[PDB]
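What follows is a deposited structure in which one can find mefenamic acid.
Quick note: residue numbers are just sequence positions, from 1. Counting starts at 1 for both ligands and their atoms, following the listed order. All values below come from the heavy atoms of this structure, side chains included, with hydrogens, waters and symmetry mates left out.
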Amino acid sequence: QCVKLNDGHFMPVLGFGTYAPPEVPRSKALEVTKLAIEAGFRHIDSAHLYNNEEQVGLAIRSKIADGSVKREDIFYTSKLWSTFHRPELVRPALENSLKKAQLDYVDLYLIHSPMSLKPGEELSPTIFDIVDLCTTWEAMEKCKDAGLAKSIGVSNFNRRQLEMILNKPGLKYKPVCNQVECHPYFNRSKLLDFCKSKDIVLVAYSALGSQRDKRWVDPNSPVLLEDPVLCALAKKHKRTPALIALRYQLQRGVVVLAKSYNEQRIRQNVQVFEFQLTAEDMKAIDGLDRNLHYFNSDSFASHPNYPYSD
Ligand SMILES: NC(=O)c1ccc[n+]([C@@H]2O[C@H](COP(=O)([O-])OP(=O)(O)OC[C@H]3O[C@@H](n4cnc5c(N)ncnc54)[C@H](OP(=O)(O)O)[C@@H]3O)[C@@H](O)[C@H]2O)c1
Ligand SMILES: Cc1cccc(Nc2ccccc2C(=O)O)c1C
């Protein structure tokens with residue numbers, strides 16, 4: 001239940017999303033990540049941005065300590081925040097994430113976003129920065145060579161941003177993945193074909209339609225999990241709309257994340273491996289595509305490097 005990455009490492013095809021908004025107590029992250037591992041998740045997705053790396057790292061170390069899993073059975077991802085794009089800041093930012101989680105290495109480190117922000121400890125300084133992401137990428141390469149990250153990749157990059165890295169003079173390591181918003185309303189078919197042509201894995205976030213956080217998501221936007229085609233497919237397969245949306249991705253060759261802080265829904269989500277969709281089903285889902293990205297905020301849209309500009 002793994003995909004082989006372009007550097008020889010393996011990535012579990014279903015990942016646990018760990019972001020929760022700051023009104024959720026930090027202690028929840030520890031509890032739900034343990035539940036995710038007990039359920040059968042082996043891919044755990046975190047980031048400096050999420051302010052949960054201590055808890056998530058502790059959940060992983062607990063499950064190693066109690067004997068359920070070994071470190072090498074867990075694929076752990078963190079991400080370089082956008083205030084740390086300057087090359088000399090990359091490795092220290094990774095080392096801080098590692099110290100927070102109390103781990104020797106991350107399976108995957110990503111550039112969280114191509115939209116550089118003014119350097120500082122403040123996450124949302126209130127202001128943009130201009131940085132050659134090719135130099136950021138060089139510093140990511142050195143973190144791989146150092147054994148700080150097994151694999152390195154990008155997140156929120158469009159085709160052109162991804163091409164910039166791929167065409168870089170003296171490239172040593174291709175991004176193994178690009179983790180992007182991806183679900184039946186914004187299925188990224190063209191970007192997905194581009195990544196397949198390069199042996200780069202596309203990892204889908206907001207695959208269940210996002211947490212609909214009012215800071216970036218319009219509450220008027222359609223609720224993906226109430227979609228009538230999804231609901232009709234869930235009735236046909238006697239599963240749930242969430243399960244259909246996750247299975248859709250696996251059948252497209254997409255690595256899919258699923259966040260849930262709910263005990264029942266965490267266990268429910270690993271049922272994605274227990275059924276499959278037919279071609280007529282996949283076509284019905286493909287027909288939902290309507291260029292809708294839930295994250296739709298002035299914070300992003302006015303950035304010189306906004307990925308949805310193309
Ligand atoms: N690279 C980036 O910039 C980026 C951006 C967004 C997300 N991500 C990563 O991707 C992860 C997932 O994306 P996301 O946070 O946008 O959320 P998501 O996976 O789209 O989930 C949205 C909501 O779906 C609900 N849910 C989960 N399972 C369900 C089920 N079986 N039935 C009904 N509802 C279900 C969850 O609510 P409950 O908790 O109540 O179950 C969750 O809040 C994030 O946690 C983060 O790790 C990365
Ligand atoms: C478009 C963009 C740019 C930088 C970071 C993110 N990611 C997040 C933004 C707010 C809250 C959570 C996340 C996430 O990474 O889960 C996105 C969606």
> Across the whole structure, where does one find mefenamic acid?
Replying inline: ligand 2
>> Hey, quick one: which chain has the most contacts with mefenamic acid in this structure? I'd like the name as UniProt has it.
In response: Aldo-keto reductase family 1 member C3
> Taking heavy atoms and a distance under 4.0 Å, where does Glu181 meet mefenamic acid: side chain, backbone, both or neither?
Replying inline: neither
> Which residue supplies the protein heavy atom nearest to atom 17 (C) of mefenamic acid, what is that atom called, and how far is it?
Replying inline: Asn156 ND2, 3.9 Å
> Which species does the PDB give for chain A?
Replying inline: Homo sapiens
>> Under 4.0 Å from a heavy atom of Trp216: which atoms of mefenamic acid are those, numbered in the order shown and with their elements?
In response: 10 (C), 11 (C)
> Which substrate-binding residues annotated in UniProt for chain A have heavy atoms under 4.0 Å from mefenamic acid?
Replying inline: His112
> For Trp81, is at least one N or O under 3.5 Å away from an N or O on mefenamic acid?
Replying inline: no
> Taking atom 13 (C) of mefenamic acid as the point of reference, which of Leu110, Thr18, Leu49 owns the nearest heavy atom?
Replying inline: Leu49
> Can you find an N or O of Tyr50 that's nearer than 3.5 Å to an N or O of mefenamic acid?
Replying inline: yes
> Quick one: nearest non-hydrogen protein atom to atom 7 (N) of mefenamic acid, plus distance?
Replying inline: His112 NE2, 3.6 Å
> Looking only at heavy atoms, is any part of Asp213 under 4.0 Å from mefenamic acid, and if so is it the side chain, the backbone, or both, or is it neither?
Replying inline: neither
> Which UniProt NADP(+)-binding residues in chain A pass a heavy-atom distance cut-off of 4.0 Å to mefenamic acid?
Replying inline: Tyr19, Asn156, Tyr205
>> Does only the side chain of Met115 get under 4.0 Å from mefenamic acid, or the backbone, or both, or neither? Count heavy atoms.
In response: side chain
> Which chain residues come within 4.0 Å of mefenamic acid, judged by heavy atoms?
Replying inline: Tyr19, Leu49, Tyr50, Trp81, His112, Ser113, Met115, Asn156, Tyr205, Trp216, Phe295, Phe300
